[PDB]
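Scroll down for the structure; my scribbles are underneath it.
We name chains A, B, ... by the order of the sequence lines, and we start the count at 1 in each one. Order of appearance sets the numbers: ligands from 1, and atoms from 1 within every ligand. Side chains included, hydrogens not; waters and symmetry mates left out as well; all remaining heavy atoms used.
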Number of protein chains: 2
Amino acid sequence: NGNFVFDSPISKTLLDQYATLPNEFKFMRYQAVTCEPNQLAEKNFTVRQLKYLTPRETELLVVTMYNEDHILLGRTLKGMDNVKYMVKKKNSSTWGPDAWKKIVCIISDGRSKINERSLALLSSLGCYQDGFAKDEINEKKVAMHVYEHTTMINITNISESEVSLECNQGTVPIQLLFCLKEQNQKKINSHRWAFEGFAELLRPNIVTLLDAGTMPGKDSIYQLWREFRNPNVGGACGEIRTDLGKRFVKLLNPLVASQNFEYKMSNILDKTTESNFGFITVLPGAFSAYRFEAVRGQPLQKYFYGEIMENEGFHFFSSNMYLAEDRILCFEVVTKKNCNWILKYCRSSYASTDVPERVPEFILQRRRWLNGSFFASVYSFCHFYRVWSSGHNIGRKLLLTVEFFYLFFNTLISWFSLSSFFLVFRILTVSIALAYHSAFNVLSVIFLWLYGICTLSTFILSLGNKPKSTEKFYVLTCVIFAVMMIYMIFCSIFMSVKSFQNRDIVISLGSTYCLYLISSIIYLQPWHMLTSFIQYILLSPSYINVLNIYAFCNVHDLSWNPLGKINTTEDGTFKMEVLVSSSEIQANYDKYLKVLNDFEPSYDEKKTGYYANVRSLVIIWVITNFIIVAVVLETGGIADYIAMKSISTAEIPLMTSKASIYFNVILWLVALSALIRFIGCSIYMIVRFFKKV
Amino acid sequence: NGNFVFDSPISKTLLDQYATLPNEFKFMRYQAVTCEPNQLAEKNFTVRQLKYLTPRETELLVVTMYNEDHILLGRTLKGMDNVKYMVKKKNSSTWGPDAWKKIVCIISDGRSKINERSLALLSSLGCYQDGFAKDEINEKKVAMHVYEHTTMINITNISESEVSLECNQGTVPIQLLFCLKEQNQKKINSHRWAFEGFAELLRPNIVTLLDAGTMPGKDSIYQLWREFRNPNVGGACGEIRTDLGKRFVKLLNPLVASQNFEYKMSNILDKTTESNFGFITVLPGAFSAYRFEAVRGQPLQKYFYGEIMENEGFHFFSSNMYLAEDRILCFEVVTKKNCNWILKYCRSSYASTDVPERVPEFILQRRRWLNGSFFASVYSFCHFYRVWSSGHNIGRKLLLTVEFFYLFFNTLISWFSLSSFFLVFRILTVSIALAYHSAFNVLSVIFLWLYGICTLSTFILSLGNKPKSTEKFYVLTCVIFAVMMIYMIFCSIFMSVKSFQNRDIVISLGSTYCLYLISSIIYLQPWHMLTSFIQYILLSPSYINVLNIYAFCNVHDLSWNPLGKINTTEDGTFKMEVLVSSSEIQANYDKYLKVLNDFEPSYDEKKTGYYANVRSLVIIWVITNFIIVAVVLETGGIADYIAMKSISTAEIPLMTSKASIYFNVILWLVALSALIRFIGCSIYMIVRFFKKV
Ligand SMILES: C[C@@H]([C@H](N)C(=O)N[C@H](C(=O)O)[C@H]1O[C@@H](n2ccc(=O)[nH]c2=O)[C@H](O)[C@@H]1O)[C@H](O)c1ccc(O)cn1
Ligand SMILES: C[C@@H]([C@H](N)C(=O)N[C@H](C(=O)O)[C@H]1O[C@@H](n2ccc(=O)[nH]c2=O)[C@H](O)[C@@H]1O)[C@H](O)c1ccc(O)cn1
């Protein structure tokens, strides 16, 4: 039909296990796509599911990959376990002995970057054969290499070294569909291929987004698909668990134990609370599910292209919304016009992913998350009236409004954290010295200077340099801040012990831990509340001061005729035309005489200019935090101003009463959020328990 | 001789004026160079001067150009006036009726960037004809297009619009030699072509470096050549005067009046004082002269290549000396082994250049000068022992040692200026409020906050952004600092008036102006001491705080198979070889099975890493200035520390006595330098007067 397709046989060694035979199993199809992802249908491209005597009707998985090795891809593919569980499911109206026919997509990204040890595994499965890729077809550049087949072998064990494949009477067929882009176009393009391309052909019911390296549990995909029984749910997500290795031998890295605790409390407290209202801020791209009908239309338009209505110039939201990439989908689904979709959190389905283990990789990873969450929250709050233009009933609309206000309260608290941390630190360290005089004077001065030097260097290195160039310094900074936090804990314990012997710093901070602990107990998963709490506490002054500074200082990732030839022989003789005619010489001379007598750059450069002027206006964050510091501590010359006024009608005081008032406000304002999230987690568990009963 | 040369005739219209005839005048020579600049001789390349019956012996001009229009190049070429003066010179042993035969080079830089309205002028002179450039010759890429001729027409007037050429009995011949590089290789390459190339062929006596747009006076080149009568002088330079337009109608821009005053005091005070000792730190590249024998060897090696002795890794001086580009020549000439060359300043020869007129262009220009001077001074001080290994007598060696120590004292004063300015500002503004209470409290706080915000924004914008993107902000910053300086002057005048009615701020600062004025009077050029003093005073808080911050924050200018094809007919049928043999399929499958079973980047990136780690260690300047601020004002928690100590055996004081002591030290330390430079200028003028008498 004007398109290039090919159909090769597989190696007879595969046939040896396959016999232990239809046209689906013995052959593979290589369609080569050259068009745009949004044209597969009208360019006469098909897939094997639409070719049979009765076309197959798909019920359910996109696995994005870039350069992951074969162990990560093996883990994702092994998590085949879900498909096997779903065929062996007996008492069901949707799944049964032939369930695999209703489940189908591995989107690679560029041939140069792909790890050929993973192409090895894809070929072992039988979904790729080298030899017949075609880098252009009839003056049209190929864009996609689509291999398809239907294997019989399953990954059954994964050591640290090898992936074990087998083909028995107990394995189940898998309808693989391997897409190979010839070039890296970033993840958004891959999702573009998955949603605007093959999803329009297959017409699935649910689209589940996995991520190479993420291993769903033995039932997790089934438990996620069960969330969509409710005809209102539009998206869903499950728990993401840090992979702690064999014998939990990766819970030693303090950067991995920190992330384990952080993920675990994010799931227990934040996600259940959000799911009560009906709008989860981010559905993780490593393990999420969308009802296809829910996202078609406005959500995908906003995700892939952006706010289309725009002039030639740049606008804030329209030209910056690309920084909140996969979080636009959630907001546009929940607030869709004339539809009542909601987002649900399923805690019965988990997936264990791999986390960064070195400080530079970790910083670069969180640079994306922090900018995405900040821009997404600003967009959600500045556009929350859309909630009232949607189709929900009035109760749900009120709940969503309350949740949006609570989420903005949280983002504001997080914006003022640079100053909250310093103020708590300096108020506490000066107060202990004023109380006891012994050696806390010198430590107060020393720690002020250490904080100042580390913060100065973090601004300078993040604005100018790159984390890979200077890793020793970032490790040293994290160690310095850990020691500072230890000193803060010692000071609080000392002050409280002496005060008891002779106060609210224990009634508020103790509640936050007791409430954290009780929420973990309610969730029936408390084992992180001791193995990894200390690392989080110690690596927490660095999540406030190093990841935030780097995140805001690197918002946008800026990036600032042949008129002759002479060939001669060994002798060196040749000739060409020479402008011999003196009239033409005079003509050229008069041309230059008259030339003497006749007395914005690229859109890319203009866009880079705009992007770099918006990264430099958000940092100048610093002023609004210093305003708080100056008001409370009376820095900035304000105390001098008050003293001079008193003289006009004197001496400056060491520590004032604004410090006490503020340092109470922060402790109770951080106890309040823990209280709210504990109540939310309790409601979630209780409602789930009644519905299960 | 294996090289491509060509010899075209000129237009007969030129012949019309030339008649009003030898082979030098009627023809032009286009040699095309493809080799390296240091190979012109042994590759059998010549110039017309070596071809005559008796080869010409050159006595004396390289004019670097990039994209200057035809007015600037016209001005440089007009300043032909010097050659005419030198032929009409009667009573001389070197110059006479045929002096032009001893004077010869215009080094363009790339055909793409050259302003074709200047190619118009070069063709009007008769030294370029389009039609026979050859972009490659016998598998060798052309590197240089060398046109040569010997004109008769002279530029006699330059309006704002046109350049007036004429050919009479009164004009004089000029031996032009137009070099056109096919690509931009930066100025260092052009000087490489000028010195290592054509200068080895011509063997001149003096090499004078002009720069397109700079117009030497009617006698300036002759007066510069006269400095080399002394067989010890190795280099020389003249005064550079800002071009103030017709009717001085450019002395209105405050950025141009500032630069006029700055250039004028640099010439009067700095350069005469340096020339007394015998070592001028920078000979400006816009108008300088070097005795060719003086610079051959070590100076040119260090200028063009660098400290050759080096390992694979990077070292500070060896790998950063390229930032001090034309200042290495001076240091290496003066301290040359077994030679007693000195550098001399000639005030009888001037040249009027064009200056930047918008803040972004000005900032980008001074970014080069400040980094160059800082690295050159560090290199000169860290290597000053070389002075004692040279050939000078002991008196000159002692004088050079004293001068080197004085120059390091100056560079240290300039390194601590960021803190000196703030300390003077805050001590003065707080002191006036403590004295009079009226409305100086509020102004003290307001100006502290304005200073803080402008300095924060200058760090952030210079570390992240570019000056062209944000020009409104830099203009606003300069205005803010001008207002601050006005307030500083008001405060000092008010305090002094009240103190006289009831002190050293007038005996020191008044001396600095009286000494500036007296030096200008001695120099017989005082007219800048009123037309442009106010602009310099007001635009001076910005030379300390905006150009220095930008200069140190931008030290180094960082910059971070086809395996198929298918063509078919309209029907779409074709065939190629297919790996049909199943044995080869099994072979490939086993190849991937075994692939599964088998379980630093570019030198440019490493160099960029090193460069960006050295720009980030020099800024972290900030700490050593803040140490001074903290010691004097008792910021940084030191005053709190003292108060807590006093309690351990209380209240903080507003203003202490360290402020008074420091604020005396700065005023007298800035009066001392003015005194030294006044004495130096006086010695220079007096010695020149006796030698002239
Ligand atoms: C981040 C995620 C996982 N560790 C991961 O790395 N995800 C990548 C990503 O987020 O970009 C995926 O993107 C693909 N990719 C990369 C470069 C490219 O150029 N194109 C392209 O497609 C990569 O191969 C990879 O599969 C982690 O588990 C997680 C996420 C959310 C959460 O709440 C908790 N945990
Ligand atoms: C700066 C100088 C003059 N205004 C100027 O602009 N000099 C350029 C420079 O310093 O680079 C020259 O360099 C050439 N150039 C440029 C780009 C390139 O890529 N390659 C290349 O050769 C340009 O054409 C130009 O002639 C000014 O008068 C001055 C200097 C010192 C001083 O004490 C007082 N005043």
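- Most-contacted chain for ligand 2 in this structure, per UniProt: Chitin synthase 1.
- The molecule at ligand 2 is the drug nikkomycin Z.
- With heavy atoms closer than 4.0 Å, the chains neighbouring nikkomycin Z (ligand 2) read B.
- Close to nikkomycin Z (ligand 2) (a heavy atom under 4.0 Å) is none of the transmembrane segments of chain B, numbered as in UniProt from the N terminus.
- At a heavy-atom cut-off of 4.0 Å, the residues contacting nikkomycin Z (ligand 2) are B:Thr64, B:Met65, B:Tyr66, B:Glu68, B:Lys186, B:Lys187, B:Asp211, B:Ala212, B:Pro284, B:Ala286, B:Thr353, B:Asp354, B:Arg368, B:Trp369.
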